[PDB]
Student: 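Our group is looking at a structure that contains tolfenamic acid; some questions.
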Amino acid sequence: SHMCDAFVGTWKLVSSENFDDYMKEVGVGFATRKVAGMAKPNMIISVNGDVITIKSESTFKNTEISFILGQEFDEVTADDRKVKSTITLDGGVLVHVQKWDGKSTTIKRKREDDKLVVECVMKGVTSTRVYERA
Ligand SMILES: Cc1c(Cl)cccc1Nc1ccccc1C(=O)O
């Protein structure tokens, strides 16, 4: 299919802005915010047929999701929320919506130049996380 070719690979976090405020808006507690905010994760994206896998590896937590676009799944997030997730491709952007406890957050992953830019939005608060090839 080649749907996500330009996302595939191993990516390393190189910059972050407003992530603590995003985590506050999500409801993450103090200690997790502090430890999670230090992490410099590897994001590893691969595709096999229709199944996309995204791994996040860091000193804080190692997470993994596998999914088919448009098909809801269960996710336990790094901060231990139990959420219902749906990921779609919209105009070349991977759009990941998480629902839990009547709340919602959206994580967008986009290729921009040689970077993979991750925008995390909770209500009025956005955090931008910039990844480069590992
Ligand atoms: C670590 C974490 C917590 Cl604790 C809460 C909520 C989000 C994260 N992380 C992330 C989740 C999705 C995409 C990127 C990141 C990132 O760390 O860049």
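The chain is numbered in sequence order, starting from 1. Note that these values count all heavy atoms, side chains included, but never hydrogens, waters or copies made by symmetry. Just follow the structure's listing: the first ligand is 1, and inside any ligand the first atom is 1.
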Student: Which chain forms the largest contact interface with tolfenamic acid (ligand 1) when counted as heavy-atom pairs under 4.5 Å, and how does UniProt name it?
Tutor: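 Its main partner is Fatty acid-binding protein, adipocyte.
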Student: Considering all protein heavy atoms, does one lie under 4.0 Å from atom 10 (C) of tolfenamic acid (ligand 1)?
Tutor: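 No.
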Student: Among all protein heavy atoms in this structure, tell me which lies nearest to atom 7 (C) of tolfenamic acid (ligand 1), with the distance rounded to 0.1 Å.
Tutor: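 In this structure, atom 7 (C) of tolfenamic acid (ligand 1) has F19 CZ, 3.9 Å as its nearest protein heavy atom.
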Student: Taking distance alone, with N or O pairs closer than 3.5 Å, would you say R129 contacts tolfenamic acid (ligand 1)?
Tutor: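 Between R129 and tolfenamic acid (ligand 1), an N or O pair is found under 3.5 Å apart.
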Student: Within a distance under 4.0 Å of any heavy atom of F60, pick out the atoms of tolfenamic acid (ligand 1) and give their elements.
Tutor: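 Those of tolfenamic acid (ligand 1) that fall under 4.0 Å from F60 are 4 (Cl).
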Student: What UniProt-listed fatty acid-binding residues in chain A have at least one heavy atom nearer than 4.0 Å to tolfenamic acid (ligand 1)?
Tutor: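 Going by heavy atoms, UniProt's fatty acid binders that qualify: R129, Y131.
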Student: Report, in ascending order of atom number, the atoms of tolfenamic acid (ligand 1) lying under 4.0 Å from any heavy atom of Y131.
Tutor: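 With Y131 as reference, the close atoms of tolfenamic acid (ligand 1) come out as 16 (C), 17 (O), 18 (O).
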Student: Non-hydrogen atoms of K40 versus tolfenamic acid (ligand 1): any pair closer than 4.0 Å?
Tutor: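 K40 does not count as a contact of tolfenamic acid (ligand 1) under the 4.0 Å cut-off.
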Student: Can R109 be said to touch tolfenamic acid (ligand 1), with heavy atoms closer than 4.0 Å?
Tutor: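 Yes, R109 has heavy atoms under 4.0 Å from tolfenamic acid (ligand 1).
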Student: Under 4.0 Å from a heavy atom of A36: which atoms of tolfenamic acid (ligand 1) are those, numbered in the order shown and with their elements?
Tutor: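 Every atom of tolfenamic acid (ligand 1) under 4.0 Å from some heavy atom of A36: 4 (Cl).
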Student: Just wondering, which residues come within 4.0 Å of tolfenamic acid (ligand 1) on a heavy-atom basis?
Tutor: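 By heavy-atom distance, those would be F19, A36, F60, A78, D79, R81, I107, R109, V118, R129, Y131.
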Student: What does the contact table look like for tolfenamic acid (ligand 1) (nitrogen or oxygen on each side, cut-off under 3.5 Å)?
Tutor:
from: tolfenamic acid (ligand 1); atom 1: 17 (O); to: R129; atom 2: NH2; distance (Å): 2.7
from: tolfenamic acid (ligand 1); atom 1: 18 (O); to: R129; atom 2: NE; distance (Å): 2.8
from: tolfenamic acid (ligand 1); atom 1: 18 (O); to: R129; atom 2: NH2; distance (Å): 3.2
from: tolfenamic acid (ligand 1); atom 1: 18 (O); to: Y131; atom 2: OH; distance (Å): 2.6

